[PDB]
Asks: 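Below you will find the structure I want to go over with you.
Note on naming: letters A, B, ... go to the chains in the order of the sequence lines (proteins, then strands), and numbering restarts at 1 for each one. When the header is checked for method, it gives X-ray crystallography, 2.0 Å. When a ligand or atom number is given, it counts from 1 through the structure's own listing order.
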Amino acid sequence: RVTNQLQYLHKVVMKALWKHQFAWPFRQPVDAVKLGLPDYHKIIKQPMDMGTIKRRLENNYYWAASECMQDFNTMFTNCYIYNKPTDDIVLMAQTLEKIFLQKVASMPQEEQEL
Amino acid sequence: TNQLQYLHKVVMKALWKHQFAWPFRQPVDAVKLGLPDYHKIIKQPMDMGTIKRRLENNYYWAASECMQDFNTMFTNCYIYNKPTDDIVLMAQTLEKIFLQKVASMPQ
Ligand SMILES: CCNC(=O)C[C@@H]1N=C(c2ccc(Cl)cc2)c2cc(OC)ccc2-n2c(C)nnc21
Ligand SMILES: CCNC(=O)C[C@@H]1N=C(c2ccc(Cl)cc2)c2cc(OC)ccc2-n2c(C)nnc21
């Protein structure tokens, strides 16, 4: 489905996060081979990334904005769970997630199909 | 604002009474829990009691600020705890409700 909220998530939230200077670790799935992380998929059971979310938004995969919001959350949470407290990527996720929250606070209030 | 009233009366109320909410209703007490490293690792402690008090005292200027506090609370939990800890699942569950409810926040 296309809805007002999903349109906003795509054209405002994803637009802003994708081009952010801290977006680059999150633009594609975590590549455990490239990164040398033999435990990544043992710890993180539902990988998510902004490449997947953006493709889902482009292909009308979502029925409601809440589903898309959960994917963003999962991506950020995975990052916090997997990494150490002092890792830079935590600070990068935090910066992106605050923008995510700021924009979500101003999303159209009642979901309706376009 | 109307949004803050919603975060207080709808969002917070739904989260607060949840069966997984008990760890999050008051600040982490690092002495009582025996966590001498808690405040070394977590630089901005946050909890729903603090947020609730802030909502009740007109501390917030925008809904977004309140939402950031909720996020800080959840994030602190994921950062401090082990991936396999039950509290991580509890936080994840509450965080999903938060986002679900926030999605219907009035404009
Ligand atoms: C022990 C080393 N740890 C890692 O590599 C974890 C990895 N850590 C990073 C990462 C990101 C930034 C820095 Cl400065 C260092 C590491 C990472 C880098 C990527 O490059 C394209 C993609 C996903 C990543 N990511 C995400 C997202 N979640 N965990 C990680
Ligand atoms: C090694 C022990 N670790 C801890 O005690 C961390 C602590 N862990 C818990 C906790 C919560 C639930 C369970 Cl099942 C086990 C531990 C905790 C329990 C509380 O009881 C009133 C309050 C805050 C908590 N919390 C929050 C919030 N973030 N980290 C923790």
Asks: Which of RDEA119, 4-hydroxytamoxifen, AZD9574, I-BET762 is the drug or drug candidate present at ligand 2?
Replies: I-BET762
Asks: What name does UniProt give to the macromolecule most in contact with I-BET762 (ligand 2)?
Replies: Bromodomain-containing protein 2
Asks: Which other chains sit close to I-BET762 (ligand 2), with any heavy atom less than 4.0 Å away?
Replies: B
Asks: How about atom 16 (C) of I-BET762 (ligand 2): does it have a protein heavy atom within less than 4.0 Å?
Replies: no
Asks: Where, in terms of UniProt domains, do most residues of chain B that contact I-BET762 (ligand 2) sit?
Replies: Bromo 1
Asks: At what distance is the nearest protein heavy atom to atom 14 (Cl) of I-BET762 (ligand 2), and which residue and atom is it?
Replies: B:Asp86 CB, 4.0 Å
Asks: I'm comparing I-BET762 (ligand 2) with the native protein site: which UniProt-listed binding residues in chain B have a heavy atom within 4.0 Å of it?
Replies: B:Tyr80, B:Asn81, B:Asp86
Asks: Distance to 0.1 Å, residue and atom name: give those for the protein heavy atom nearest to atom 23 (C) of I-BET762 (ligand 2).
Replies: B:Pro23 O, 3.1 Å
Asks: Quick one: nearest non-hydrogen protein atom to atom 12 (C) of I-BET762 (ligand 2), plus distance?
Replies: B:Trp22 CH2, 3.6 Å
Asks: Nearest heavy atom to atom 2 (C) of I-BET762 (ligand 2) wins, so pick from B:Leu35, B:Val28, B:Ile87.
Replies: B:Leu35
Asks: I-BET762 (ligand 2) versus B:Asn81, non-hydrogen atoms closer than 4.0 Å: side chain, backbone, both, neither?
Replies: side chain
Asks: Heavy-atom distances under 4.0 Å are what count here, so tell me which part of B:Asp29 touches I-BET762 (ligand 2): side chain, backbone, both or neither.
Replies: neither
Asks: Which residues would you count as binding I-BET762 (ligand 2), with heavy atoms within 4.0 Å?
Replies: B:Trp22, B:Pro23, B:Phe24, B:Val28, B:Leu33, B:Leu35, B:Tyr80, B:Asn81, B:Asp86, B:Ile87
